[PDB]
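Bound state: Farnesyl pyrophosphate synthase + zoledronic acid.
Lettering: A, B, C, ... assigned in the same order as the sequence lines. Chain A is numbered as in the PDB entry; the shown residues are, in order, 8-353. Residue numbering in chain B adheres to the PDB entry, whereby the residues present occupy positions 8-353 in order. Whatever order the structure lists them in is the order used to number ligands and atoms, beginning at 1. Side-chain atoms are counted along with the backbone in the values below, which use heavy atoms only and exclude waters and symmetry mates.
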Number of protein chains: 2
Amino acid sequence: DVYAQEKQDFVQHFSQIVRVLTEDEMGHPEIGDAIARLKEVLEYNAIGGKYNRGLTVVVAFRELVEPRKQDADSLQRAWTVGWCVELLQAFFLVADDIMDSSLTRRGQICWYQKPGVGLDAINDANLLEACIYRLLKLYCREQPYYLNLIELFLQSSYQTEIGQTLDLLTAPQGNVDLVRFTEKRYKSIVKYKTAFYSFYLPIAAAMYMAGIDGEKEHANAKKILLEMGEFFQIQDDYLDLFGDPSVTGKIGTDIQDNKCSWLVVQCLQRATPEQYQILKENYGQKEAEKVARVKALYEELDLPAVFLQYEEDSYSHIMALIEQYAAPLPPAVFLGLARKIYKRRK
Amino acid sequence: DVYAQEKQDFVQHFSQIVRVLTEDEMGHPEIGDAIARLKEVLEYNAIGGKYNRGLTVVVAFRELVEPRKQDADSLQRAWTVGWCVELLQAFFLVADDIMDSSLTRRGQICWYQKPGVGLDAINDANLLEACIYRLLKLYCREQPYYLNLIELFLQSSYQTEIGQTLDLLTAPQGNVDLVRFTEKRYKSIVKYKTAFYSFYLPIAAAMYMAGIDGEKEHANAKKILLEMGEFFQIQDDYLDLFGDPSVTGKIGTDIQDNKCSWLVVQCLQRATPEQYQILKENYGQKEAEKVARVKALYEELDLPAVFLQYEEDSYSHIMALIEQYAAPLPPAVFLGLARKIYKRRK
Ligand SMILES: CC(C)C1=CC2=CC(=O)[C@H]3C(C)(C)CCC[C@]3(C)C2=C(O)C1=O
Ligand SMILES: CC(C)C1=CC2=CC(=O)[C@H]3C(C)(C)CCC[C@]3(C)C2=C(O)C1=O
Ligand SMILES: O=P(O)(O)C(O)(Cn1ccnc1)P(=O)(O)O
Ligand SMILES: O=P(O)(O)C(O)(Cn1ccnc1)P(=O)(O)O
Ligand SMILES: [Mg+2]
Ligand SMILES: [Mg+2]
Ligand SMILES: [Mg+2]
Ligand SMILES: [Mg+2]
Ligand SMILES: [Mg+2]
Ligand SMILES: [Mg+2]
């Protein structure tokens, strides 16, 4: 609703993002070809998703500043920082697609699987990360929140990299240990790898933009948002296997790449001993034969019904946390973001 | 001399760097394995080189602050920022070794070629980059230069990524165009990919640490240091082919990876037309047979004698630039860094 009306405005602002990033080194014409490559990197990897995270920055911002303080410049900043969050996303996704050996993202081939790119994508990603800070300096250099935003984006990146490290250490290629795949470990992975940057970051960004910068307001926002981000990742794990790749826009890899997916942890909690072994023999391997066997087992234990149950209970809990911890923020802030991830299928 | 006496102190401070980076998330014990991996990432990829860049921060700092203002805390900061520069280096090298398909660095196997790492190295690198800003916040958060340093490290990274993009666009795998490989293009590549982060960054860091933060002092320092960094990269290109991999610590790749090396640009300036074709047919290809042919041609045109000539003339020019542009800084700042790269063989 609030997200859906703002989408178009938000996407239209991308042209200016590109312009500003591609122009103020063109009285450096010697780098001209690099800057053309940047343009192309941005167009391929910032565009095509739902924009929930960047929209969250613009929406929350609208809802937390008095309209008499929403001058045009201030809006311009709000959706720039919006776009900075989308660039962080793009950054991590381009890298994650290489490290997960994935094939599609957003219903096209992964950047690194393009003829002519491959592992050059690595530097492409680092550039996307640099652009965040280019924009902040351009649009927010003279705001009193400038340094708060810089430190927030850096800390959210560190946290997601710590989470990525955990994600990959728990999933060595060619090493089935199923013993690694616990609830403690899962909860911990998803907190760091998804929950800070996809839920805390954008809302916290708009908080500092509206001058709301006390530790306790942030901590309380955080309690809500880390839990929403956990749920979001479990959805992601479910959709990796049971989703339509024409709706998700991406082909699943989690069983192949030996991942601590939510599904495998649930599986392990339910599995008879004979089931344990079918999973042991078939998991973390690239053979389609063997992946299909894992899925059939998951289906055998009604884990799609267990997902649909978990979704229901988690949503109630998130809502309790909003009742508890939203004040003095408008609940609409959290509710609107919850409604936009409830029962999502991309 | 000044570098050589400070090395030991500087290296000894690494233990504390690691300690500080591995401890203040251990009342977050859930990430404990990620933090162990960080430790290991740091030990493998920050240690084993010459430390010229980090030593440059400590040396310049000593030479620009009055001793009565070199309290123990201030030194501690100076070699922390020293180590931040070495981490930026580590960051780029781990990524560069993957994108250049290299085999050895610092006389051991490239991190990504370790059994158990490969392309996980990508996130390993991003973590090294995050640590820079972790340390800055730890040690320099309350200094008036804090934000100058943050912006300098970010801008130097953007610039080196722009340079990397140029480096790889000029060297597509399986596309010999020799026409791309000009002086304009080379000079431009090396400015961005090496010269900002290896020469400007460390000295500029110590300038802002000593309260010397005017545009014109920086611009003048920069004129000297961009030119030293150009020379340094040409050395690097020469050593890639004509150096001892037991002294350099790394096996060359530039002809294989189709690079705009200084040698190939020189070659092209000298080559008869029949020579042009031997180069055309043999360059940018992985066959040892064909690489040897390129080297023999370079040798045929006395390019090691042309290198040794260029080294001589460039050094005179750098020294002229110091005579011109050092003031009011002590010339020792520039001289000491020049002496430590003159006629280097690693
Ligand atoms: C960039 C913005 C549109 C945006 C795009 C998203 C695209 C994706 O492919 C989504 C998944 C693949 C389902 C992974 C989680 C959600 C993703 C990452 C997604 C965003 O969160 C997002 O803000
Ligand atoms: C980390 C610090 C010791 C340091 C190490 C270096 C190690 C290298 O391998 C050097 C080359 C491979 C010759 C590439 C240029 C110089 C290198 C990068 C180098 C440093 O500059 C450096 O500060
Ligand atoms: O499953 P992942 O964590 O790789 C993923 O959700 C991306 N991601 C990466 C870090 N946090 C989320 P995607 O499924 O989009 O590939
Ligand atoms: O030759 P490159 O630029 O790849 C190199 O010098 C590293 N580098 C990367 C950017 N600047 C310098 P190395 O020869 O160490 O591999
Ligand atoms: Mg992943
Ligand atoms: Mg993935
Ligand atoms: Mg997934
Ligand atoms: Mg390179
Ligand atoms: Mg290299
Ligand atoms: Mg080289």
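- The structure holds zoledronic acid at ligands 3 and 4.
- Other chains reaching under 4.0 Å from zoledronic acid (ligand 3) with at least one heavy atom: A.
- Lab note: per PDB, source of chain A = Homo sapiens.
- Here the protein heavy atom with the shortest distance to atom 3 (O) of zoledronic acid (ligand 3) is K200(A) NZ, 2.7 Å.
- Across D243(A), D244(A), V197(A), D104(A), heavy-atom proximity to atom 14 (O) of zoledronic acid (ligand 3) is greatest for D243(A).
- Of the residues that UniProt lists as binding isopentenyl diphosphate in chain A, none has a heavy atom under 4.0 Å from zoledronic acid (ligand 3).
- The shortest heavy-atom distance from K266(A) to zoledronic acid (ligand 3) is not under 4.0 Å.
- Considering both main-chain and side-chain atoms, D261(A) never comes within under 3.5 Å of zoledronic acid (ligand 3) through any nitrogen or oxygen pair.
- If you check which protein heavy atom lies closest to atom 15 (O) of zoledronic acid (ligand 3), you get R112(A) NH1, 2.7 Å.
- Looking from atom 11 (N) of zoledronic acid (ligand 3) to the surrounding protein, the closest heavy atom is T201(A) OG1, 2.7 Å.
- Contact analysis leaves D247(A) out of contact with zoledronic acid (ligand 3), as no non-hydrogen atom separation drops below 4.0 angstrom.
- Within a heavy-atom distance under 4.0 Å, zoledronic acid (ligand 3) reaches the following UniProt Mg(2+)-binding residues of chain A: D103(A), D107(A).
- Residue-to-ligand polar distances keep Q171(A) apart from zoledronic acid (ligand 3): every N/O pair is separated by 3.5 Å or more.
- With non-hydrogen distances under 4.0 Å, the site around zoledronic acid (ligand 3) consists of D103(A), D107(A), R112(A), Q171(A), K200(A), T201(A), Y204(A), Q240(A), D243(A), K257(A).
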